[PDB]
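The alphabet sets the chain names here, A first, running in the order the sequence lines are given. To match the PDB entry, the residue numbers of chain A are left as they are there, and the shown ones run 1-25, 32-223. So for chain B, numbering is the PDB entry's, and the shown residues are 4-25, 28-211, in order.
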Amino acid sequence: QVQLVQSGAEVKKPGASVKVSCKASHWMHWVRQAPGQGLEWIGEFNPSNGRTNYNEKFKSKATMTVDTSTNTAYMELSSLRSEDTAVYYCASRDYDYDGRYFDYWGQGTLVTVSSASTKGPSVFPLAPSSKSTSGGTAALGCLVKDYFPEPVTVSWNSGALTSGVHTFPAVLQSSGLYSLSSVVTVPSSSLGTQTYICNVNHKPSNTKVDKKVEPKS
Amino acid sequence: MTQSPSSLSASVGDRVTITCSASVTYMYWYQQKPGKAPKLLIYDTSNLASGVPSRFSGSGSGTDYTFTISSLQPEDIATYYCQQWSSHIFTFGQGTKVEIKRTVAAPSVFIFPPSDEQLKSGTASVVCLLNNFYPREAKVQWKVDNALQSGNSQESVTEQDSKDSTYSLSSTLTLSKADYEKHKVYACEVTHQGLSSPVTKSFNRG
């Protein structure tokens, strides 16, 4: 039961530095998934002693460090540019009881490189009505608007309501702020009794919004 | 390096094959389901990772490598990546999106009026939702007092859901309060293969 946990989303100015951490709750890897570029290998490190081997592209700008006594790995990227906007992952491999290899990855950290200002989300209810019912099932949700940067993460109620939830890919508004929607489909009869709340977490602005979604006629 | 195809559609139970061309020592294959982190399925070319079903396989030599799913299941909906290794040196393919082919399913079309809270803040968003359709292709048109709109509108679609092999789509139309109040009828009109005619979902007021 090994699990990798990463620090939160960051926005930095071009030419600035960012540090992503990776805690463990075989050599380990830093990988990124960037706009256009796809998956990109950054480098590897020995978790036991901190020896490093970088991808050439990254040797100048990236530095990988390990704190073996906390089991925390770090990756710092300097001289940030727009191409560095990406989800950064730490990952490792091991083998199971009978010798099969497997891997495990952190949840990823989105780093946005931008000079634009940070904007916390506007959260509005998509109210369930006769116009959002399809028989037996009603749809409801929340519209998240006017935020920057990504990501906003949406969970419902206590955060253990996940079945029937669709959280749509982020879009660009006319203003170039970001918008998304999360929509949950529920048994019609439950609207009576259950209270539905969208929890919208925007780590870049240190903002969470809890919005109740009431039915409308 | 190139990975092909870049997208493929197949029925449940179909055998499915992805290739990844070219001085490589080993090929690795990763699965990335919607939105999770990638997951290693095949390593050193041909070896299944811990807990990977027997329906997955990998093979290759020199420059040409293959990844096979011998009986495609809905849980296999994902983007798959090859990754070559030499030389202290790791590079990834471009990705192959894998979709299930199913029967045509018409969208349920829903509409959401602007919230009171938004209206009080000087803006008005209408949301149109198309739920659980296949295939992905649809036409969505916004109409205000019968006038086709462009662009105060956005749209996005889920990746294919593994539980019924369908997509969903959300579309937002956004006006000022002032503009919203000057007009009466708000409608999204939807065309899709599984619909018998265009469905208009609408509401009045403002």
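By its PDB name, the drug at chains A and B is matuzumab. What the entry calls chain A is Matuzumab Fab Heavy chain.
In the PDB entry, the name given to chain B is Matuzumab Fab Light chain.
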